[PDB]
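Here is a PDB entry that includes lanifibranor.
The chain called A is the first sequence line; B is the second; the pattern continues. Shown for chain A, in order and in the PDB entry numbering: 204-258, 275-475. Note that chain B carries the PDB entry numbering, so the residues on display, from first to last, are 207-238, 245-259, 276-475. Side chains are part of it too, since the values below use all heavy atoms of this structure and drop only hydrogens, waters and symmetry mates. Determined via X-ray crystallography, 2.2 Å. Just so you know, ligand 1 is whichever comes first in the structure, and atom 1 is the first atom listed for that ligand.
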Amino acid sequence: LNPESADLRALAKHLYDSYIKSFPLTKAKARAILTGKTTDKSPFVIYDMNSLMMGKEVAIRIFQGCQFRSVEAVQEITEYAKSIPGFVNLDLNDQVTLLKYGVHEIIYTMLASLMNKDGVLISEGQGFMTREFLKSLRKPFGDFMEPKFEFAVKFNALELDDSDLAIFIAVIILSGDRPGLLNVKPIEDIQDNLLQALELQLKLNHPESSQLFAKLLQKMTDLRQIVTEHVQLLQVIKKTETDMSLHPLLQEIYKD
Amino acid sequence: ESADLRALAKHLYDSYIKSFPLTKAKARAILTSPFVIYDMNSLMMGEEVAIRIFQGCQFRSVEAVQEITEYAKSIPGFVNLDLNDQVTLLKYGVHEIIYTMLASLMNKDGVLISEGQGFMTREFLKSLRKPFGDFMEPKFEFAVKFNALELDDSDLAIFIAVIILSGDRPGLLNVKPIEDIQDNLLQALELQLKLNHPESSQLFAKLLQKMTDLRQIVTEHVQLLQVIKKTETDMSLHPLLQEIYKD
Ligand SMILES: O=C(O)CCCc1cc2cc(Cl)ccc2n1S(=O)(=O)c1ccc2ncsc2c1
């Protein structure tokens, strides 16, 4: 290669490294747990009430647990964000805006890593809660996870690994078509670079996968819908469950 | 190889020119002489006001759907798909294409209408009643961003075909051949933008990301269209007219 796509490989390497250091449960660990494996080890499976207890009603602590984890993930993603070259040099206000619109799309992207068609890993991989148990939860909580699984099954079909995902989520943060950005130009120059990095990375890592770059970027449409749909379901849960609390961090991100 | 990709591109451009009366090249020249509609008086002396304007947007959309349908049938492979699947792809595709192509007819201040014989002001449209004042605005906001890419008709012809061959539409029966065709169209689009816009880095990626905005415009637009159902309704003189305009 030439010394320009060489700078692109170094950026890919930097981002992957930051990704490993920022996120405790990688796709590689998640698949080892889900699949096999002598590396890593067996999850306790929650598929019903008694299994849940072996692990204030249940639909609601399950939702409460999920939202605490969300906040947990926002902290991890925010820590990854800082490592993206150029990010912390941007107008502070735009850093906040990029994160605000970025984190949930990233959350559901990385959530796919922890999912198969049958359920999702929980508690850093020590548990596995089935899709059917989640869906059997009560109106409305019953289908708050379903659009996540639907996306995940289609996304996981791309067979990305962590080194791919690391650049992808960086692309997502550095959008610049985000509402209310002050300096779009500096943001777009960064994303242009990241998109180059992602394109080279996918050609090298998935040579036989045609137009993976285009198909992965199209997935960005699925994410936005999940987020939009989740936000609305949340508005509903708030009004019907007036004793349901939301974390102010998530509320602050949700406001608008 | 680049052989089939350039023929694909040329073919779609030719079909695009044939199927769509007003091209972007044509519209851009005019935007830079049309009857301007800035007021009620200009609307009248060039023609329920806000309702006549909405129903005119409907007439135009119905026309556009037929133009898009004809274009689709020109996309190599499209007519060989399961017919249910062709109908599904057009069904969920035309709104996104309608607004994509509408951006060709807009600047930040207004939109061409009636074959470019007219031009309706963004402020006049925005000044309309409720809810008829918020229906066009999000399209102007999309258009301002989309037009920043400065695509031309030969770029758009292929992009439009990419949108039509979306293998993720609900209820598709055989997704494989649809993705197979889109893959080829994506290749052709990538090479087109690389040849036509060498100095514009990652234009292919930027355009694809625009699809997420498209989808949201369409989604929130159909949600306003239901709200319009809770405005005007039962009139036994419409029926045949109402039938012509489904969704
Ligand atoms: O193992 C990990 O790293 C935690 C993996 C994720 C996770 C941990 C967890 C713990 C409990 Cl007690 C309950 C649900 C849990 N989930 S989750 O998948 O349901 C989830 C997470 C984020 C999120 N944001 C919007 S909806 C949503 C749902």
> Which molecule here shares more close contacts with lanifibranor than any other chain, as the PDB entry names it?
Replying inline: Peroxisome proliferator-activated receptor gamma
> What are the letters of the other chains having a heavy atom under 4.0 Å from lanifibranor?
Replying inline: A
>> I'd love to know the binding site of lanifibranor - heavy atoms within 4.0 Å, chain and number please.
In response: A:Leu228, A:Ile281, A:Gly284, A:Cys285, A:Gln286, A:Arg288, A:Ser289, A:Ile326, A:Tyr327, A:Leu330, A:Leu333, A:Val339, A:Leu340, A:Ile341, A:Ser342, A:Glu343, A:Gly344, A:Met364, A:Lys367
> For atom 11 (C) of lanifibranor, what is the nearest protein heavy atom, given as residue, atom name and distance?
Replying inline: A:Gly284 C, 3.9 Å
> Quick one: which lanifibranor atoms are inside 4.0 Å of a heavy atom on A:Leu333?
Replying inline: 1 (O), 2 (C), 5 (C)
> Which atoms from lanifibranor have a heavy atom of A:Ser342 less than 4.0 Å away?
Replying inline: 1 (O)
> What atoms of lanifibranor come within less than 4.0 Å of a heavy atom belonging to A:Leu340?
Replying inline: 5 (C)
> Hey, which atoms in lanifibranor end up nearer than 4.0 Å to a heavy atom of A:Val339?
Replying inline: 18 (O)
>> Please check whether A:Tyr327 reaches lanifibranor - meaning an N/O of the residue sits under 3.5 Å from an N/O of the ligand, judged on distance alone.
In response: no
>> Under a 4.0 angstrom heavy-atom cut-off, which atoms of lanifibranor come close to A:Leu330?
In response: 18 (O)
> Numbering the atoms of lanifibranor from 1, which are under 4.0 Å from a heavy atom of A:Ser289?
Replying inline: 22 (C), 23 (C), 24 (N), 25 (C)
> Would you say A:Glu343 and lanifibranor have an N/O pair spaced under 3.5 Å apart?
Replying inline: yes
>> Distance under 4.0 Å to a non-hydrogen atom of A:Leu228: what atoms of lanifibranor satisfy this?
In response: 1 (O)
> In the protein, which heavy atom is nearest to atom 15 (C) of lanifibranor, and how far is it?
Replying inline: A:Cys285 SG, 3.7 Å
>> Working on this structure - any idea which UniProt domain of chain A most of the contacts with lanifibranor come from?
In response: NR LBD
> Can you list the lanifibranor atoms lying under 4.0 Å from a non-hydrogen atom of A:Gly344?
Replying inline: 1 (O)
>> Can you report which non-hydrogen protein atom sits closest to atom 21 (C) of lanifibranor, along with the distance?
In response: A:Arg288 CG, 3.8 Å
>> Just wondering which rosiglitazone-binding residues from UniProt for chain A are within 4.0 Å of lanifibranor, heavy-atom wise.
In response: A:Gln286, A:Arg288, A:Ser289
